[PDB]
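This entry carries 9-cis-retinoic acid.
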Amino acid sequence: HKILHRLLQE
Amino acid sequence: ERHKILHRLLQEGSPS
Amino acid sequence: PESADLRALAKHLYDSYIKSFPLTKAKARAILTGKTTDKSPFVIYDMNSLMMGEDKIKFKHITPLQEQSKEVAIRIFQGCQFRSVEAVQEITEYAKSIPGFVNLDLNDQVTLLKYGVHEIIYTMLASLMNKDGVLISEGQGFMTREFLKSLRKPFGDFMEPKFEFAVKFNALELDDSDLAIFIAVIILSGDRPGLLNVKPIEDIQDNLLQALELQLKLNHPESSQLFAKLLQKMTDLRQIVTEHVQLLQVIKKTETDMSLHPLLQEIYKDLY
Amino acid sequence: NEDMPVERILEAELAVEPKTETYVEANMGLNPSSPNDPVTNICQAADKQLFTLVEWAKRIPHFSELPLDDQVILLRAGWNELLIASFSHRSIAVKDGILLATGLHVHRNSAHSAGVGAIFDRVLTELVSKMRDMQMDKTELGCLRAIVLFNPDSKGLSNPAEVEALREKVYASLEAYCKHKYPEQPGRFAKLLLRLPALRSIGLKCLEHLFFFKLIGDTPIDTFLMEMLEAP
Ligand SMILES: C/C(=C/C(=O)c1ccccc1)N[C@@H](Cc1ccc(OCCc2nc(-c3ccccc3)oc2C)cc1)C(=O)O
Ligand SMILES: CC1=C(/C=C/C(C)=C\C=C\C(C)=C\C(=O)O)C(C)(C)CCC1
């Protein structure tokens, strides 16, 4: 899940 | 809708 | 309300509960744990054991519904349908004992039962289960979780959600006196679609809720947040029911001769 | 602070509104796009609120301390109920209708016409009106949403009990909150928790619709909402 996983690791 | 048997159960119940 | 009133309510419900439901949890666990002398249940867990198990459509009194004739799956399906029909009648009677219920608009009485019935059936079904399987036929038998899971096509996915629910629910260790109040709380839900007069229903539920809360404090003094863990189960029941309804829709599509008992069609017509 | 400080849950809720300004983008002056379909305008709001949802969860005590994969799971499993709970509570300020995060107001008849009445009416009667009648405040809403977020039954969790424990801490903080703020009403805590059964059934039915507005396409939806819709 590109978006969700990305948004969470910042 | 109606729900005939539910009405009956509420009204009387169930035989033996 | 005063504690005495809450205690009277809880005792009243317990009595009418014992009188509506023949098989209580206490009697069920006594059988599962094998601590009740009067013949132990036969374990049906696979094709060859079920064949030996004539406790469903044979040597006894031909009551259990279906007998191979059209597969083991249709069998079980009809068996639950029948168990479902007996519960509706029992639940219906039990509901008439809840103070204030018969005084509600008849239409609302019908609606509450229409939506509450299956949530209650699954609640009580948990009493007949354990991590490995479920009791069947007044306790006269025992079908394993593994076997029900192995049924063909979609039939094999019916019980698993129920077993998952039962394990977590049984972890709460509630007794029949607890369940009696919980069940009444489920019936008196003011959020059911189509209700005409919500307030009367909510007012009665508030008193049942307070009764339940007091019952749990007294009956389970060492279990923290039990009241909240139990009410949480009421939303889990929503998922089990809708998920179950969906599967009944798959069966309806993949099988021309679905055939459902009229009491269940009536209940299931335009549900949620 | 106290495991589950109710002040921080309120701040999470407040930090990610609306709350003025955000109510004008497309309700009285302009409005990018131009979609002719209530379902479209709603799916756009959902998609937009999906980004703010991540930030909100990050402000919920202990969420960010869970493994990264556990957080993903929790959000994929609870996003629709979380989003439905937000706009339903926001819509207490309006009559027979819903207020989207995009500042757009969706009226009853439009939804009925679009073919999504019924599900829309359930939202209004089982969620919006119930919140209004008992007047649940933002702290309570925040706690209910946190309870939804912390679902120990989500498939794949590395430590289900750790999640259950967090959910129980919210149970404790919310109950304490009700007794301190609403001592006049002994049964408010339970009434708050009994708002969840309808949230779940309405959410499931909603997902059922989304999985139809997809397996038919015709002018697709937005990225992210579409990503969450790839099923859990
Ligand atoms: C119509 C229906 C079917 C359904 O749930 C199913 C379909 C396919 C596979 C498995 C299950 N189910 C009911 C709800 C219900 C009632 C009783 C119950 O277990 C009660 C325990 C019990 N008793 C027997 C049984 C008895 C006699 C012969 C064969 C089997 O089996 C079980 C699991 C479970 C679920 C509904 O939708 O209304
Ligand atoms: C509303 C609605 C639906 C789904 C909504 C979802 C999944 C999220 C909404 C979020 C909003 C409305 C957020 C906000 O505005 O903050 C469906 C398609 C089932 C049917 C029509 C009504």
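The sequence lines are lettered as chains in the order written, beginning with A. Going by the PDB entry, the residues shown for chain A are 630-639, listed in order. The residue numbers of chain B are those assigned by the PDB entry, with the residues present covering 685-700 sequentially. Here the PDB entry sets the residue numbers for chain C, with the shown residues being 206-477 in order. Numbers in chain D come straight from the PDB entry, and the residues shown are 227-458, in order. Just so you know, ligand 1 is whichever comes first in the structure, and atom 1 is the first atom listed for that ligand.
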Location of 9-cis-retinoic acid
ligand 2
So I'm looking at this entry - what's holding onto 9-cis-retinoic acid the most? Name it the way it appears in UniProt, please.
Retinoic acid receptor RXR-alpha
Are any other chains within heavy-atom reach of 9-cis-retinoic acid at under 4.0 Å, and if so which?
D
Mind pulling out the UniProt 9-cis-retinoate-binding residues of chain D that sit under 4.0 Å from 9-cis-retinoic acid by heavy-atom distance?
D:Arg316, D:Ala327
Sub-4.0 Å atoms of 9-cis-retinoic acid with respect to non-hydrogen atoms of D:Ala327
14 (C), 15 (O), 16 (O)
UniProt all-trans-retinoate-binding residues of chain D with a heavy atom under 4.0 Å from 9-cis-retinoic acid
D:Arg316, D:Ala327
Applying a strict 4.0 Å limit to heavy atoms, is D:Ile310 in contact with 9-cis-retinoic acid?
no
Going by heavy-atom distance to atom 16 (O) of 9-cis-retinoic acid, choose the closest among D:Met454, D:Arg348, D:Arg316.
D:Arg316
I'm looking at 9-cis-retinoic acid in this structure - which UniProt domain of chain D has most of the contacts?
NR LBD
Which 9-cis-retinoic acid atoms are under 4.0 Å away from a heavy-atom of D:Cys432?
19 (C)
Atoms of 9-cis-retinoic acid less than 4.0 Å from D:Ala271 heavy atoms?
15 (O)
What is the listed source organism of chain D in the PDB?
Homo sapiens
If the cut-off is 4.0 Å to any non-hydrogen atom of D:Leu326, which atoms of 9-cis-retinoic acid fall inside it?
12 (C), 15 (O)
Residues near 9-cis-retinoic acid, heavy-atom distance under 4.0 Å
D:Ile268, D:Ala271, D:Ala272, D:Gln275, D:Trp305, D:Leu309, D:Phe313, D:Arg316, D:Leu326, D:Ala327, D:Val342, D:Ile345, D:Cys432, D:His435, D:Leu436, D:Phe439
So what's 9-cis-retinoic acid close to, N/O to N/O, under 3.5 Å?
unit_1, atom_1, unit_2, atom_2, d
9-cis-retinoic acid, 15 (O), D:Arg316, NH1, 3.3
9-cis-retinoic acid, 15 (O), D:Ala327, N, 2.6
9-cis-retinoic acid, 16 (O), D:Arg316, NH1, 3.2
9-cis-retinoic acid, 16 (O), D:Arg316, NH2, 2.8

